[PDB]
Each structure stands twice: as structure tokens, then as C-alpha cells.
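Worksheet: one structure, shown below.
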Amino acid sequence: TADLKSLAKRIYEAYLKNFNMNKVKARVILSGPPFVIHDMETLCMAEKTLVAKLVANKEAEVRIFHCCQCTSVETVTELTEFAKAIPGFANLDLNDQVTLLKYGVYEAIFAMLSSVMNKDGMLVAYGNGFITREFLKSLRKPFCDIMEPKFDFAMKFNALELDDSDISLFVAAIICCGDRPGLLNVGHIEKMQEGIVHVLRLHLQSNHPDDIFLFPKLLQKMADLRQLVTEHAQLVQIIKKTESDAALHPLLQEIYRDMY
Ligand SMILES: CCO[C@H](COc1ccc(C(F)(F)F)cc1)CSc1ccc(OCC(=O)O)c(C)c1
């Protein structure tokens, strides 16, 4: 359908406009310049070059965690502007918009994070760094436990070989969940959701004719992400309570407040 075909395009264009990183841009960088962070020496070098103000000191693990949070805060802003392209989102009650973004952002973050991840590491700092998976595993607990579950999800997610046209709709569908707690107008949100999911189903059928189960596979990935986010918040809570030097950005505190 032209109406749905153009809706898919609208979403895709809002995704390209509002997110600094996309899969094509990430694969260009990852093909072959990003500074490689593989040990403590290269981490400290990268900090002096890419986040100089940060180290003009606390444990490396705490500094890394603060850099992680800065990326989240930035992606929240990107996701908030992206949400406007979703038919009906800007028409929802202002409180429902906040609730949908509150519960959706981290699911969206980890879904999109897969695009800059491969089995050896991930792009960081607006594509200018590459931190290795093994270095992250080498951090002292509990900080070494943060990223490995995200790599596990990303390797299987990337095996699906989605492109940005698919991912834009997937992220839209994540935001349009009518079963988020505290929604005022569930019925309108469900209809909004049904509309995005309908476009996603048709788009996957056209864009991925070789994989007839791709749509149900992504439905399951949405459930997987919800559990990934729940477990992530639990680890974040442990760090907040037991790491006196690891403070949470207030915007991210509110997102976690009364989540899981
Ligand atoms: C390490 C994984 O983090 C990536 C960026 O981390 C950086 C590490 C080092 C540097 C620097 F280049 F400055 F050294 C930059 C980013 C961003 S992805 C991310 C996003 C959110 C995360 O959880 C924090 C949160 O709940 O908001 C975590 C643990 C990771």
C-alpha cells in the first residue's frame, strides 16, 4: 500500500535524521579512524583525547560508567524527537508520551546498540573509539557484568541481518507498547501500536522475503529486550547502592524510578 509504504519511509527518514549513529555509518567505520581501547593504557589515552574534560580521579570502572550514562542521556533526547514521527504519538496525552518513552528508551537503546557491536567490541564516542569486549569483561565486578549480556543479545540480533529501514520500525514498535504501566489512554495507544506493527509486518515481508518467520522473531526480541532491561536496572541499582563513587545522572534516575 502507498499509505503504509510511505509511513514506513517517514519512520525511516526520522530515524536517519534523529539518531547520530545508524547501521550503515557503523559498518563503514567498523570496516576500515577509531581509537582502539583494549587495556588500561589505551583507555586512559582515549579519555585524554575524546573526553578530556572528564580526566582534566575515580576508578577507571567508574569513569567508564559515567561515560555510559552520558550516552544514555544523549540517546534519550534522540529518541524523544524520533517519537514525533510515529503517527499519533504527538497526539497522545503528554503524560502518556512520557510513560511510553520512560519504559521504551532502554529497550530501544540496547536494540540500536547492536548496530555498533561485533563479536570483538563496540563503537563508542560518536564512532571515534572502539572498546573491546574482552577489556569490558576484564573490569572489576560488578562493572564487568554490565555489557556482556548486551553483546549476547546483539550477536543474535545482528544475525537477523536487519537494515536501518527495519530497525527504524522496530524501535517505533518498541515505543508503542500499550501494556506499559500507568498509561491513561491504553486504547488509543493499542491502536497506535497495531498501526506501527502492521507496517512493520508488511515491511519485513517485502524487505526480507527469505525469512518467513522474521516478524515473530522480532516480536520475541521485543520480549527479550524487556527482560534485558529489567536485569540491567537491577545491576544499575546494585551499583548505585554499593558504589559510593558511582552517581546516577538525575534524568536517568527518573527513568529508573518505579520501573522494575
Ligand atoms: C562501555 C559501554 O558503554 C558505551 C560507551 O562507553 C564508553 C567507554 C569509554 C569511552 C571513552 F572513549 F571516553 F573512553 C566512551 C564511552 C555506551 S553503551 C551503554 C549504555 C548504557 C549503559 O548503562 C548505563 C545506563 O543505565 O544508562 C551501559 C553500561 C552502556
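Since chain A takes its numbers from the PDB entry, the residues it shows come out as 200-231, 237-260, 265-468. Each ligand, and each atom within it, is numbered from 1 in the order the structure gives. We read in the header that X-ray crystallography, 2.0 Å was used to get this structure.
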Okay, my options are seladelpar, umifenovir, tivantinib. Which one is at ligand 1? seladelpar
Top contact chain of seladelpar - most pairs under 4.5 Å, UniProt: Peroxisome proliferator-activated receptor alpha
Could you find the nearest protein heavy atom to atom 11 (C) of seladelpar and give me its residue, atom name and distance? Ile241 CD1, 4.2 Å
Per-atom contacts, seladelpar versus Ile354 - under 4.0 Å to a heavy atom: 29 (C)
List the residues that UniProt gives as binding indeglitazar in chain A and that have a heavy atom under 4.0 Å from seladelpar. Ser280, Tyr314, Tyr464
Proximal atoms of seladelpar relative to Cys275 (non-hydrogen, under 4.0 Å): 7 (C), 13 (F), 15 (C), 16 (C)
If you measure every N/O of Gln277 against every N/O of seladelpar, is any gap under 3.5 Å? no
Quick one: nearest non-hydrogen protein atom to atom 20 (C) of seladelpar, plus distance? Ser280 OG, 3.7 Å
What protein heavy atom sits nearest atom 13 (F) of seladelpar, and how far off is it? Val255 CG2, 3.4 Å
Would you mind checking which non-hydrogen protein atom is closest to atom 24 (C) of seladelpar, with the distance to 0.1 Å? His440 NE2, 3.8 Å
List seladelpar atoms under 4.0 Å from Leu247, heavy atoms only on the residue side. 14 (F)
What do you reckon, does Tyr464 have a nitrogen or oxygen under 3.5 Å from a nitrogen or oxygen of seladelpar? yes
In seladelpar, which numbered atoms sit nearer than 4.0 Å to a non-hydrogen atom of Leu460? 27 (O)
With a 4.0 Å heavy-atom cut-off (strictly under), which part of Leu321 contacts seladelpar: side chain, backbone, both or neither? side chain
Nearest protein heavy-atom contact for atom 5 (C) of seladelpar: which residue, which atom, what distance? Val332 CG1, 3.6 Å
Looking only at protein heavy atoms, which one is nearest to atom 2 (C) of seladelpar, and what is the separation? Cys276 SG, 3.6 Å
Chain A: main UniProt domain in contact with seladelpar: NR LBD
Covalent attachment point, seladelpar: none
Does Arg271 come within less than 4.0 angstrom of seladelpar, counting non-hydrogen atoms of the residue? no
Looking only at protein heavy atoms, identify the closest one to atom 25 (C) of seladelpar and say how far it is in Å. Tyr314 OH, 3.3 Å
Identify the binding-site residues of seladelpar at 4.0 Å, heavy atoms only. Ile241, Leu247, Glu251, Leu254, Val255, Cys275, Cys276, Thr279, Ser280, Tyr314, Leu321, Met330, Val332, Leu344, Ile354, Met355, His440, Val444, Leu460, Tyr464
